[PDB]
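Gabapentin:branched chain aminotransferase complex.
Chains: A, B, ... assigned top-down by sequence line. Chain A uses the PDB entry numbers throughout; the residues present, in order, are 3-365. Residues displayed in chain B correspond, in order, to the PDB entry positions 3-365. Indexing begins at 1, ligand by ligand and atom by atom, following the structure's order.
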2 protein chains.
Amino acid sequence: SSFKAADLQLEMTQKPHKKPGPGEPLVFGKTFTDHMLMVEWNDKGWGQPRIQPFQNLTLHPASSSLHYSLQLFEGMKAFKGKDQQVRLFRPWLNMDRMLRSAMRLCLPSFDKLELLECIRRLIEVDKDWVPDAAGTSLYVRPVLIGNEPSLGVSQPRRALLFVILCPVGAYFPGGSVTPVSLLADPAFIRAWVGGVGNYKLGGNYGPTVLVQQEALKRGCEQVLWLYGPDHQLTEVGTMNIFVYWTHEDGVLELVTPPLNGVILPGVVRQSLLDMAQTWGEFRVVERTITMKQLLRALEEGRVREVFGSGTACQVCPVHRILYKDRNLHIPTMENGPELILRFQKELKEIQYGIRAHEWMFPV
Amino acid sequence: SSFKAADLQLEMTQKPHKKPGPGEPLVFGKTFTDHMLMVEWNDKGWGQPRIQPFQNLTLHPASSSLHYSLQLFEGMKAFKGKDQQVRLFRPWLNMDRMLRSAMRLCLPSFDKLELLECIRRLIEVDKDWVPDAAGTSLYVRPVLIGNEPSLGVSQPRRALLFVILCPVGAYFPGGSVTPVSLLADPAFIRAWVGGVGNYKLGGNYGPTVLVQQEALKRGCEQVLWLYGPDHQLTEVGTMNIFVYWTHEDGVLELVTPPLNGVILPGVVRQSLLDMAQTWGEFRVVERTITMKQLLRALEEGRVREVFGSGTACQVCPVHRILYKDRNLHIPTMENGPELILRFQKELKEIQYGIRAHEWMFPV
Ligand SMILES: *Cc1c(COP(=O)(O)O)cnc(C)c1O
Ligand SMILES: *Cc1c(COP(=O)(O)O)cnc(C)c1O
Ligand SMILES: NCC1(CC(=O)O)CCCCC1
Ligand SMILES: NCC1(CC(=O)O)CCCCC1
C-alpha cells in the first residue's frame, strides 16, 4: 500500500536560492529551502516518492483540498549541534499524529517509518540550510491534502503528500524569556468534544485568525481558549497550557489539561510531562483546569508559573490573563521563572546534542 | 476597494472540451465548463478580473489555503428555460453570504454587485453549457482563498477569488421525489455555538466525510446532525431541516431551526420560509426542534412531512431516522408529500421562467 524510501527519486536543484544569515531577523516560515518531498496517491495506490527542487503546486480548481478542507499538517524541528550533526526531536510522535489526522479525514494511510526515512533523506540533501546559532533550527512541515477534481463531499480518490523546510530564528529577541498576555473570553470556541480539535487539521486554524486580532485589539498577545460552562482552560493560542502551583490539597504540582478531545496532543507537551515525571520532585498530572480554580489559586498566592508549550516556542511564559474584563497578574516572571528555565535548559541539552538521548533521531 | 466588472479581461479557449449533450450521465461536480473567473488580491488591492480558459491553479507550497484552511465557497444554480434564456436564483443572497464568510476568515472584501456581474459574464460566455432538460441546471462555484506564501497563522496579504461551473443533472430523474434514511447519533457534532458552522467555510466539510461513511455502513444515506444534551435537530447532511407537523398546541405549522450559530443560513431555506409566509395558510416559525419533540409527535401521529433543503436537492424527503438503534418511520411519502410537491412545483416554475419573479436574475 505505502510508498517506500527505497523507491525515492532524486532531482537536485540547478537553481540554488540565497541562504539567510544568522544576523538577519527571520519571520516564521517565509524563506524556504532548495528541495521538497512529493508523493502522489490515487485509488490504485501510492506513487514513487521524490525529492525535487522547491516549486509551485499544480492543482485542479476543484481539488477537495481547497473546497472542503481535506488537509492536514505537521510541525517538527531539526537541530544542528556544534559537531555539525543534525537531529530531529521525537519525530515518531509527529508521524503518529499525522496518521491519526489522515484517518479522521479519510485521507490515505502510509507507513510512518517510510515517511520518516523520506524526511531524513530530504533534510540530508538540504543539510547546509540547517542553522547552528543559539535557539535556531530547521522547521519541517509535512502536509497531506485531498486532490480529487470533484465538488462532491466524499472520500478523495486522489491525494498529495508534500514536505517543505524552512530555517527559523530564535523565538525570543536575543536569548531571554519574554512573557505574553492572554484574552480569556468564553464566546470563542476552538474545539468541541466529539469534534476535531485533537487533530492537526487546517480547518481548526483559519477561524482563529479573527479571534487573535480581537485579542490584539483588547491589548493581549495570545488567546486563552476556554471550553464548557465551567470555563476550562484548554490551549494558549496554538500551544498547550501548563500551570505550576500548590493545588487545593496543599501539594506542589504541574498540571496540564487531559486528552479528552479538545486538546491537541503536543510533542513538547508529552516531553514536559515525561521529563517532570522522571525527576520525581513534585506531582505531575493531566487534569481539567477551570478559571474558578485558577482565580482562587491566584488570590491565595498559590500559583508559581503558567506557560504555553509547542514546537515554535518550546516553553512560553504567561504574565497576564484578561478574564471577564478583569486583569489577572500571573507571577511567573517573579518566580524565576524557575521551572520554565529548567525545562528550557534540559530541552536544549537534549536537542543540540550536549547530552545523548533516546528522544533524538540522527539525520 | 473592489475589483470592477468594467475592467474584465476575456481570454477565450483555444481547446474546447466536448459537451455531454443528449442522454449522457452527469455526476454532480465532476464535469467542468470551458472557462473560469480569476481575480487576484495583494498589498495594492484587487487586480483586474479575468475570464480565462479552464486550467489548473499554480499555488506556492506554503499557501495558507492549504495549511490553515483560509478558504470559503458558495453554491448557486443557473437555470435554462425552454426558450434558451438563462437565469440565476437569488444570487444577491449568495453574494451577501460570501462576504460574511470572507469577513470571518479575514479575507478581502469585494463589492457584491461587481462579483455578480463578473459571474453573469462568465455564465454568458459558457451559456451553451447550461443544460435545458427537466430538473437540470448549471452549478456555480465561487471560491475565495488565502494565498499567503507563509507558515504564520495570520491574515493573508495575498488572496485568490475564482469561479468554476459544472453542468448538473436532475437530482430526482424522471421528476418523482424519492426519500432518504438518516443516521441520528449524538456522538457526531458538525458545529458548536461560538464556532463557524453558520458560515460556508471549507473547514466545516472535511470532518463530515468519515461520519457520512459510517452512516452509509449503517444503511443510511445521510447524517441527521444532532446538537446539545437535548439532541436538537440541526441539519440533514449538508442541507437545512424542515418539519411539517401539528404542534403540541394543536396548530398546524412548518418549523425549521433558528439561526443561533450552528445553522447555515440557506438560500433555499429562506426562500421556503418566505413562500410559506406569503401563502398564510399555516404558521411558519423558526424554533428549536428536539428528538424528544419529534418522538412524541410521531407516536401521536402529528408529523406530516420532514425534509432537507439546499441548492443541490431543492427539497429532499425523509422516510426513516435510525436513532438509538431503533428505526423511526417518518410518514412523509404517504402524506403526498403535499407540501414538498407544492414547494418543488412553485420553485420549478420560478426557476425555469414559467412564472415571473423578482427572485430571478437574467443572464
Ligand atoms: C501544534 C499545536 C500544539 C503543540 O504541538 P507540538 O507538537 O508540541 O508542536 C498545541 N496546540 C495546538 C492547537 C497546536 O496546533
Ligand atoms: C450549502 C448548505 C446549506 C444550504 O444552503 P443553500 O444556500 O440553500 O444551498 C445548508 N446547510 C449547510 C451545512 C450547507 O453547507
Ligand atoms: N503555535 C504554532 C504552531 C504550533 C507550535 O509549533 O507551537 C501551530 C500553528 C502552526 C505553526 C506551529
Ligand atoms: N449539501 C450539498 C451542498 C449544499 C447544497 O447545495 O445542498 C454543500 C456541500 C457542497 C455541495 C453543496
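- For gabapentin, the full set of ligands or chains is ligands 3 and 4.
- Chains with a heavy atom under 4.0 Å from gabapentin (ligand 4): A, B.
- Contacts under 4.0 Å between gabapentin (ligand 4) and other ligands or ions: ligand 2 (pyridoxal-5'-phosphate).
- Under 4.0 angstrom from gabapentin (ligand 4), the non-hydrogen atoms of A:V155 all belong to its side chain.
- Judged by the shortest distance from any of its heavy atoms, B:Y141 lies inside the 4.0 Å radius around the atoms of gabapentin (ligand 4).
- Residue contacts with gabapentin (ligand 4) do not include B:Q316, since none of its heavy atoms lies under 4.0 Å from the ligand.
- My check of the UniProt substrate-binding residues in chain B for heavy atoms under 4.0 Å from gabapentin (ligand 4) returns B:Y141.
- Nearest to atom 2 (C) of gabapentin (ligand 4) among the protein's heavy atoms is B:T240 OG1, 3.3 Å.
- Counting heavy atoms within 4.0 Å, the binding site of gabapentin (ligand 4) comprises A:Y70, A:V155, B:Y141, B:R143, B:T240, B:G312, B:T313, B:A314.
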